[PDB]
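Report on one structure; see the data block that follows.
Chain letters run alphabetically, one per sequence line, in listed order. So for chain A, numbering is the PDB entry's, and the shown residues are 2-229, in order. In chain B, numbers come from the PDB entry; the residues present are 2-229, in order. Worth knowing before you read on, the calculation uses all heavy atoms, side chains too, and leaves out hydrogens, waters and symmetry mates. Remember, it's 1-based here, ligands and their atoms both numbered in the order they're listed.
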2 protein chains.
Amino acid sequence: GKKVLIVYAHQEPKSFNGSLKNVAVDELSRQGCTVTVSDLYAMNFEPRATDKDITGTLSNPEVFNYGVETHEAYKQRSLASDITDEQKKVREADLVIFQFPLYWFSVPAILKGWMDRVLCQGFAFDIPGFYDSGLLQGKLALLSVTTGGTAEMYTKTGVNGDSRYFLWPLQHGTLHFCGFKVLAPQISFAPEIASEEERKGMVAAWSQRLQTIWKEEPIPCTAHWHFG
Amino acid sequence: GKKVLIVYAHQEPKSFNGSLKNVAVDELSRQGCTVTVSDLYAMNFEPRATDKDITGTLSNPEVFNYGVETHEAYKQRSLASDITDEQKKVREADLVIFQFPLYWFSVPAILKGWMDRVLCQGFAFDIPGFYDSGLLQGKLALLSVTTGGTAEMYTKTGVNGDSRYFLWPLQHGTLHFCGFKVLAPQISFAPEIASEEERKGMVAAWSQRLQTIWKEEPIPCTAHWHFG
Ligand SMILES: Cc1cc2nc3c(=O)[nH]c(=O)nc-3n(C[C@H](O)[C@H](O)[C@H](O)COP(=O)(O)OP(=O)(O)OC[C@H]3O[C@@H](n4cnc5c(N)ncnc54)[C@H](O)[C@@H]3O)c2cc1C
Ligand SMILES: Cc1cc2nc3c(=O)[nH]c(=O)nc-3n(C[C@H](O)[C@H](O)[C@H](O)COP(=O)(O)OP(=O)(O)OC[C@H]3O[C@@H](n4cnc5c(N)ncnc54)[C@H](O)[C@@H]3O)c2cc1C
Ligand SMILES: Cc1ccc(NC(=O)c2ccc(CN3CCN(C)CC3)cc2)cc1Nc1nccc(-c2cccnc2)n1
Ligand SMILES: Cc1ccc(NC(=O)c2ccc(CN3CCN(C)CC3)cc2)cc1Nc1nccc(-c2cccnc2)n1
Ligand SMILES: [Zn+2]
Ligand SMILES: [Zn+2]
């Protein structure tokens, strides 16, 4: 049996993102998958990387270095419980779906904070132990993104550039760095200026794709895939 | 006379980022510039985009859309005071420096939240009124970034890819979209594994560059500059 974690970043249950999230829960649940949703805004999830994230005594009280102290805290089981709650979900998951609207060619800050705080050294990667040897190897990840801009604006000759250009920090710099195999992204362009039937169609496309998600091959997460 | 805003995202005053920020304050202050620092962690700056950001009544209580409601709130002077405090600093600034460590090939979530919440429609851009016609036109912006990875890892043939690849969402998708002219980024690679004298040199390089920052030409912020 499979475990899926959906890390969901939208304020509004009736939003288009909310519908994409609900559809994923329904379809995966129907398949028999174990499903967990981290509804970040509902959780009032803390995005800031601060010394409050380490519940043990710091190694160095003269100079605070977030990466160093969370790495040591992870080894000593001294991380704040909101972080370790999310680590448990990720550790058990076979597939992690991120469901979010694009904010400034990236994830909303609350989701950026989940990346910053949850994927610490010792947990998600180590040195050595990143990219193909990252510590989340054997898991799948997939970005389900919605945009303001249209598909045609997100091409090589459109004002926004190819949509693969903005995926690079998330897919390569984050997911692949932690050792995930990355499934092709689901990009739902410009729902706000689409018709209600068009929105209906983009939702159904997602639901349909999920019916056979476990049969998909990951993408080659390389500079060539993104910029070639 | 010139106004500079430094949006600074580091938890530790004695950090390498803290030193780069302090050097900027000292040098710009010595030049006679008006200098403001938004020390995000010290301000406990709120990164989450929520309905609390709108202090007026929502246009639509059935379905909450953050972009729509902040755009209307901006027009009606009904945004939370932490946002409008930052908008005042940006509105008056001639140069905005972002000083931050790279987190997951991007900005720390607290700074991502300052982008998400501060640069709202009507203020930073409109439709129409983006990229070259963005509403912050006539201002300069500059990213001062520090990394874990080495310069050689951040090349086309290194594991991280060229550093220009990760700059794309920040420089093109955000700064240029709002109409900033973008100065060449300052990238201080791998201070943590550099020697103390090397760190000293990278600090002095920044200080020296700032002596003539007002004489620099902006970069062409294009797909070609980033991926060419
Ligand atoms: C801070 C910020 C930064 C942004 N940065 C960018 C950027 O860099 N690039 C870019 O392109 N865009 C950007 N945007 C735009 C953003 O990506 C979009 O507004 C977002 O993707 C839209 O998704 P949504 O879920 O909120 O849509 P919604 O507004 O919720 O969707 C539209 C309508 O569809 C309805 N709906 C819900 N479910 C269904 C259904 N099943 N069938 C039919 N209709 C349904 C909803 O109720 C809603 O009224 C930014 C927005 C913000 C606020
Ligand atoms: C969540 C997270 C995500 C990350 N993601 C990435 C990523 O995607 N890519 C990547 O490359 N890296 C990443 N990193 C690494 C991160 O970018 C670095 O740790 C950061 O850039 C280092 O800067 P710092 O200011 O914290 O250095 P510091 O640790 O503060 O600098 C090193 C030492 O220099 C000292 N110092 C201060 N001032 C001076 C001075 N004037 N002269 C000499 N020494 C001085 C400090 O006190 C310190 O002890 C990530 C880190 C975290 C926590
Ligand atoms: C919340 C919202 C909803 C939709 C959009 N839409 C677009 O940004 C957009 C802009 C121009 C067009 C061009 N189109 C030409 C034809 N006429 C009829 C419509 C306009 C289409 C979509 C933005 C937002 N808000 C928003 N907020 C912050 C940043 C951005 C953003 C940033 C970078 C690139 N694109 C958008 N966007
Ligand atoms: C807080 C910190 C400080 C430094 C680094 N350093 C590096 O990630 C790194 C990794 C490998 C090398 C290779 N080097 C080979 C030679 N031997 C001697 C040293 C290792 C250098 C730097 C990471 C972190 N933490 C951190 N936390 C989350 C994500 C990332 C991150 C993400 C993507 C790419 N690079 C780093 N990094
Ligand atoms: Zn990759
Ligand atoms: Zn540009």
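The name given to the drug at ligand 4 is imatinib. The chain that imatinib (ligand 4) touches most here appears in UniProt under the name Ribosyldihydronicotinamide dehydrogenase [quinone]. In this entry, the other chains with a heavy atom less than 4.0 Å from imatinib (ligand 4) are A, B. For atom 13 (C) of imatinib (ligand 4), the closest non-hydrogen atom on the protein side is B/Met154 SD, 3.8 Å.
For atom 11 (C) of imatinib (ligand 4), the nearest protein heavy atom lies closer than 4.0 Å. The entry gives the source of chain B as Homo sapiens. Put simply, atom 19 (C) of imatinib (ligand 4) has no protein non-hydrogen atoms near it, under 4.0 Å away. Among protein heavy atoms, the minimum distance from atom 9 (C) of imatinib (ligand 4) is reached at A/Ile128 CD1, 4.1 Å.
The presence of a protein heavy atom under 4.0 Å from atom 5 (C) of imatinib (ligand 4) is confirmed.
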